[PDB]
Amino acid sequence: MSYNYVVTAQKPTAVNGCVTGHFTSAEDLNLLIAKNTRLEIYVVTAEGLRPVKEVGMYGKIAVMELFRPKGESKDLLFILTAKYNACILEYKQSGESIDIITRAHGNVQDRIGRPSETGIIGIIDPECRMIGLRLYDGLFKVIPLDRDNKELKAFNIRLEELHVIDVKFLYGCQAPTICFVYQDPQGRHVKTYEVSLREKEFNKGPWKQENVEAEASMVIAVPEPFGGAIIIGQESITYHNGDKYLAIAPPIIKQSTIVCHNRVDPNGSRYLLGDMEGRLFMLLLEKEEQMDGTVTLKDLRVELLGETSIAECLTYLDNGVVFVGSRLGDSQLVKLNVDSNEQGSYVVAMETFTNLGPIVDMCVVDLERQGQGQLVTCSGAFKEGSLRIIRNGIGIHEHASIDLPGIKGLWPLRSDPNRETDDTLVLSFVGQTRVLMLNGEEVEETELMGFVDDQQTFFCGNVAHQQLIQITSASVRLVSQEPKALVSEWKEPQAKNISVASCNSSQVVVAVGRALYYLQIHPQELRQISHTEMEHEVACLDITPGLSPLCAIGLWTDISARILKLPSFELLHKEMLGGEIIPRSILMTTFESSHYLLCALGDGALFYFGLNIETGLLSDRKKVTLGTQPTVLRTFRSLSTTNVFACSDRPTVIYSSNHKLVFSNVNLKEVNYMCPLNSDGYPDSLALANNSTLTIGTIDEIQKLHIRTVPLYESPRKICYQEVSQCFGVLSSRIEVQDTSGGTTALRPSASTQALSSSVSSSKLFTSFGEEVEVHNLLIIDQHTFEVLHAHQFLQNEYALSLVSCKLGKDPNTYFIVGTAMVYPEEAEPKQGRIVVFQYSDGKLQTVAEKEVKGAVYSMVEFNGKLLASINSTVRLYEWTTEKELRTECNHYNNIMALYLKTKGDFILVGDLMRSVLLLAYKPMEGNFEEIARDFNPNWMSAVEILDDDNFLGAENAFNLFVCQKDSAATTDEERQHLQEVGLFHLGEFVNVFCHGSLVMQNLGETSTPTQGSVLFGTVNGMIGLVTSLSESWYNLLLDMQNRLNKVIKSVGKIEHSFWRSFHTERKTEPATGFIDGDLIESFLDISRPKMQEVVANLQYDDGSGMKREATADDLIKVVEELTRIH
Amino acid sequence: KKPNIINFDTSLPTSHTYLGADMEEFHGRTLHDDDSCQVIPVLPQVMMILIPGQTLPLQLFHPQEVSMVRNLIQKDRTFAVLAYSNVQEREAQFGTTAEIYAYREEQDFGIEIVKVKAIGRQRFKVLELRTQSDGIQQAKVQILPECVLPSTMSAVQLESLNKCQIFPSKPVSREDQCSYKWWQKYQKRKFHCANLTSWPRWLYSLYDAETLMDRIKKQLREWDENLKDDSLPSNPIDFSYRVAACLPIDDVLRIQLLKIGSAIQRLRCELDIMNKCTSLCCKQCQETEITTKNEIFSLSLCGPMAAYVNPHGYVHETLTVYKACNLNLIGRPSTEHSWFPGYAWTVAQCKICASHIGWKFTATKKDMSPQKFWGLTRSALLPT
Ligand SMILES: N#Cc1ccc(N2CCN(Cc3ccc(COc4cccc5c4CN([C@H]4CCC(=O)NC4=O)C5=O)cc3)CC2)c(F)c1
Ligand SMILES: [Zn+2]
């Protein structure tokens, strides 16, 4: 009884693996990057990375490798899923179609066995004879590689050493040889085995066990001709080849441990290394020894190249370019030049790819445009900590700017031989018309020979029959094309002022006062076509198609929209367009291959209507609030077919996708007037003129997602937004080394040490040299410039957990409430905390209140003007007294630590890390808490959210989502006190934070939406989700359509959707219930016509009376398109 | 307070030599499929919460019970013990299955008295208690599953820093400055992914099996001198069960610990209980001090507390103490059926109500703890 719909609004960005090789073709060099469920195939070129293919796989890529067996032209890709869905894939392209064919597929899990503590290890024999997987302790799984092994049958081998740290295949062995480091109570040892496929067991290794360093961490296999293995630990780098043995103890690597590597030479002469703090090392192997043709090591000099992002997976691209794959920072593309050496660093950055993960906390705030939300996250960690500001809209990439003091209309003109190019544009000033002709990048003004100078021109375009028509306020004028001289001047019969002018390719309609005149363009002649009159003044007129069947006219004195036959005088149709104000601009467009009448009134409302091209007009009534200013509708050709730009205080681009007009905002403050300008210098551009300056630039394809970075150089923990102060309060932490002077020196310039004003907490309510100590800060950041306006430093040994910005009690002021806990290394459970209430005013931060609590304030919320706190395992309620001091009101003692607190009305949801969901209600007539229900189940819970008063969403172990509801209508107490669980889903992501909101325009739309509510969640990988509620019939229809989609869509690796989405746990797995996979439903639009015909045969689409068993195909389009607008 | 010389060879009490020497044993263990519904006979005349892994001596005299044991051994070797609540008369909803491993049937006194020792194996919740006319009711039992949780960092783990998740062995053993400094870096390196989540590292250390087991071991070693890995298992399930068995707590708290299905929750509850428990008092009095939290040690591998049988078949859970308070002795120290091979028990009584709180075990030979061994049972013993 939940019927939820979950979709991904932003695909994950964190990278957890990258390989290079000849994947698409034997000659091309590709970079395959796995972010989580997505596999991206790029092509490495001299300029950089050219994306080629994006593929979504039904799983999380835990292991990916490129191998080329014998008799193959290009490398194949072997991918293992965290659910043990092993597969082998092949790239296949035929001219324009890109498809990845699955060479083999199969689940390789075991019925019984504990997964290894070190994790999944997947290795391939360099001779391409076997695939070795270490999934379970004491069991080595081997998959033979033969063309007939299309089901991936694997056999297990018993391993006597249970704890294997790292294992890899050696190079240069006649038989498949593995080399690994294992742990014993006697210490750490390196051992080798000779795996034999024929008898399916191990053998004696080429070289016996050798004792290694106590912290031997990683094993790298040196290829031919050197052979052997290199063992890297915390304080030494060793090379082992049997008789050969060497070790080094360089001091530059003692600071941090190496966690990643990547070979840079085919012969393994040099190696690339990276550590935890993110600095590039260069292991150097010397081949100076050559006795009788044998090549052996001589030295292992280690050189530090520079500092980069915190890198998880290095990969050296061609010609001194390294792709630094970061997961907690930002992916980079840097240069390893050996001649720059600007200050001792060998590395300079080229590129930087966006990476929103990890998303520790987020908030939804209306920063710029009222009604549309914006996402502000706390991304990154350590030196990569930063604030990402996400927004939804079409991004106009600026190309040039010029100065114009409030232009009142722009129009390109053609005064050149026919070449389908734009040479000059006339800008209508306040009283004049300054033709700013610019063949290239000019800015001067060159008046047209056939156009007036100071007449406030209404329209100026290129008419048919080789002429340019420039209708001005006084009278409509024309200019010849080749002669370029005024040949015809269509003076008004009454010589009045042209109020509203409408011009077309070959017909011009001019409104003088309340009268309308129609004229037809003739070669070197202005022959009037018809004359007529109107009862009311013509507020707006527009004629669009050679010959317009009808002309749309607005009434100034009646506030109604009519369509009348241009070759005649009798109106074809009419309607009352609201009547609130006079219409501002009405246009006819064919955006969706139909006849649409977009009329915009002066109040900012578009009274959208549907008309008929042949005769008459339909109604198709629609009203959309496009802004608060009279928009100037102007279709710009730099689009799919026509598009429309409603230039107003809230600019929007009106484009038809699936016969349903989307209205996406633009990244501009306000546009006074816009016009296409396809200049030769800037083809397919668009000139938009604002209230101060006029810019020229292009636009994005459709409805992108834009991210703005604010680096802080320290880890941000929590973020809250304060409306009245126009500020963001963010908690942060920096690592400071413990020097031998009693102080704490920092490591790099952080945001807290670069603030305008700084403060240090001073309260009195209560080591080793080199140790790293956390220093916690509260940063106040302006919402416009995103500069750190303030930074408050807490006491020593104080850890700040929570942060709420809210107003308490009857106090008009809004405060920052922070809950901290004094933590010491000696003790495990904190015994004392602190509730501190700050108030940011006049750019100065002051401590309004300060309470001492005995425990750790794990979370706080705002409960109807009362601060609700969670001290250890107790939930307490605090009342804001008139003297600005928190006073306790009620307590409720639990047996679980209240890590999570969510309120909706008077329903408190209390959660912990043991998935022990608890529910509470606050009786206000009595003033004490009382428990309604309870649902305990041993598992790990990451986050929890209140979907509504009846259902609750949570994130569980193994990247799962669950939905629990209480049956308040149950007649038995035991059922009322228990929360029935009626939803399961395998998301594949670790959700940290849940928040209510949406990133699309909030429009009631009278009929509303098929989805109720909206919840966004952010994950560690940096993926933004969106979950909504659905109706019963809608859920049933979507489930049936999903089942039929499963049989038509061919997934990569042939992983079944039900198995992938099945609720997964180390102990017990169940099929998914109560959740609809929005990705699969939205994938319905990307398949061809016959596939969509196959999907729908008997869905019984209609539910509002009747069944309509045919169900058509475009009805599902009208369904999926309405489901796509929610994100 | 007798340190250093603890010479007892603390393994004989775990063998129960008082219950006969040539006791026939059985080869091994048995398995019951999880979440499966079984019929298991229930031997009466036992009222005690048996935590899994705890040995239970038993003497049976009545012909019905002896026959039940005989035909039980010829078909499986499993019976059921119900964890009776505070209310008597079969007011039980949870229980455990004891496994026979030592058996002998004996003919003296003209009876077929049977001596049997059995240890708990699984945990169950009884569905219905159907009574058989023979006298040995069989209970309709559902096997309660054992839940083991993976590392809290496994979900949010960084793929790169997996290889640094295999920590080296602890330095030396039970030595200062080799634990605090080791534990600090262990916490720093294990929970390094806690920055990806929204919680600090110490919060995740509060839910770590290793850290809680270390804290419990430290506090136990504070109580009595443990011999490092003195039979204390590395498996969190087994360690939790052993600690719950050896804790000096009452019946309701034992039932609460039994209800818990995860090791980590059990360890947290055990830590809370033995941090909040300092004294043990006389149940018939609730006013007299007999023991404390620090004057507690172990001459048995099962810890300070273990189950023994008097020659009349009644089962007593006994706690060993250096020095008791507010106790009086009656009768000469005799050693006819002493559970401890070398001591002569003297019955101990409350000095106020004269309730059987336990026994005083005077020594016999001189090269052992000189008459300082209080074996107080749980008949009248509650936390205070
Ligand atoms: N139906 C039937 C039926 C048939 C036969 C029965 N037989 C009757 C005769 N019994 C022999 C006998 C009786 C009496 C004693 C004295 O010892 C006693 C007495 C009472 C309580 C306790 C002890 C010792 N003791 C603890 C002290 C601490 C320690 O270390 N160990 C202990 O044992 C006690 O708590 C010794 C032997 C044998 C049984 C029968 F009783 C029922
Ligand atoms: Zn007493």
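Residue numbering restarts at 1 for every chain, and letters A, B, ... go by the order of the sequence lines. Read the numbers this way: they start at 1 and go in the same order the structure lists the ligands and their atoms. How was it done? The header gives electron microscopy, 3.1 Å.
The drug positioned at ligand 1, selected from tasurgratinib, mezigdomide, novobiocin, is mezigdomide. Looking only at contacts, the largest set of contacts to mezigdomide comes from what the PDB entry names Protein cereblon. Taking 4.0 Å as the heavy-atom limit, the other chains contacting mezigdomide are B. For chain B, none of the UniProt Zn(2+)-binding residues has a heavy atom under 4.0 Å from mezigdomide.
Per the entry, the species of origin for chain B is Homo sapiens. The contact region for mezigdomide on chain B lies mostly in UniProt domain cult. The (S)-thalidomide-binding residues of chain B named by UniProt that have a heavy atom under 4.0 Å from mezigdomide are exactly: B:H337, B:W339, B:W345.
No covalent bond joins mezigdomide to a chain. Heavy atoms under 4.0 Å from mezigdomide belong to B:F61, B:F109, B:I111, B:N310, B:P311, B:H312, B:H337, B:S338, B:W339, B:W345, B:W359, B:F361.
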